[PDB]
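The model presented next includes caffeine.
The chain is numbered in sequence order, starting from 1. Worth knowing before you read on, the calculation uses all heavy atoms, side chains too, and leaves out hydrogens, waters and symmetry mates. Counting starts at 1 for both ligands and their atoms, following the listed order. Looking at the header, which is where the method is noted, we find X-ray crystallography, 1.9 Å.
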Amino acid sequence: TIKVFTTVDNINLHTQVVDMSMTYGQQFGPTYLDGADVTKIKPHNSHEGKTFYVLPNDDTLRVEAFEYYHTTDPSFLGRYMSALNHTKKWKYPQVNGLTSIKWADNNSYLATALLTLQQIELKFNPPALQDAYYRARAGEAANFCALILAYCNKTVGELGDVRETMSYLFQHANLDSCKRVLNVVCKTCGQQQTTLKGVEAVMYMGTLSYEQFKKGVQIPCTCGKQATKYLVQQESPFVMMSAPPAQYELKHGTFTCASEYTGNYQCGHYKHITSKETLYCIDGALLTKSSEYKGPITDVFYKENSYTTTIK
Ligand SMILES: Cn1c(=O)c2c(ncn2C)n(C)c1=O
Ligand SMILES: [Zn+2]
């Protein structure tokens with residue numbers, strides 16, 4: 001017999017005596033050793049003392065799992081392991097001071113999401129995610145990428161959407177106190193103010209221009225006229241403005257960073273544009289600098305703190 005540790009978080013370890021005549025799966029359920037699936041394997045003597053991950057299959061492990069990952073989805077950990085086997089083999093070059101990802105397995109959407117996160121102010125609430133995120137910021141991003149895939153219910157190689165991805169991640173970020181107040185004005189129906197909080201206060205779908213959002217965008221009214229919607233008040237460290245991809249000119253110094261999307265739902269590619277002393281296009285491991293940029297932009301990120309309209 002051998003003594004080992006089992007765990008769901010590699011924080012709380014639990015002693016186990018292992019029967020060498022049974023596989024790990026027969027004793028523990030699906031079981032991983034340093035990420036390798038050992039479910040169908042007989043214990044080796046050399047495994048004595050090692051730490052194994054298992055699926056949360058009792059109350060203690062379930063609570064520990066929830067406390068570390070902030071999800072009760074029982075398939076989460078298996079999904080994470082499957083992703084991590086791949087993301088450990090990706091490469092994470094430093095590009096223009098940021099951790100990027102060299103292209104692999106259609107991962108451009110994860111690269112531009114990671115590049116974006118390093119330019120906006122945000123903290124993740126699940127300890128697993130915030131821990132992985134700080135390692136990713138330093139260049140060791142495999143765990144962070146596998147968690148993102150797991151949180152988004154995506155597998156390695158699946159095409160992804162940055163906006164959807166950002167939405168899921170923001171739901172695990174402390175945006176609780178972010179606030180947006182909007183006003184919609186119809187000459188017939190009058191004015192209707194709305195207040196949004198959390199993730200809905202920092203994401204908008206329909207226009208890339210933050211300035212246009214402040215000035216007012218035309219939206220239809222059920223009465224049949226065109227109403228105007230504009231931003232009354234914003235309280236957040238950034239905003240995300242998105243729209244269906246379309247040719248768009250990005251101007252140095254008017255935005256923080258942006259996502260460009262080429263292709264369709266069957267085959268496509270993201271690039272990342274950032275505004276520094278000039279414009280930089282980060283494309284996985286590739287870097288290109290230019291003073292102007294035009295492309296099929298789909299998300300633009302802007303810094304914010306507090307904004308109040310002067311529209312009376
Ligand atoms: C996979 N892939 C694409 O699919 C792609 C692209 N540029 C345009 N497209 C569509 N690049 C650079 C790419 O690596
Ligand atoms: Zn109306």
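Lab note - all copies counted, caffeine located at ligand 1. Structurally, the greatest contact with caffeine is made by what UniProt calls Papain-like protease nsp3.
Within chain A, UniProt domain annotation places most contacts with caffeine in Peptidase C16. The entry names the source of chain A as Severe acute respiratory syndrome coronavirus 2. The heavy-atom binding site of caffeine at 4.0 Å consists of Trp103, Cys267, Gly268, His269.
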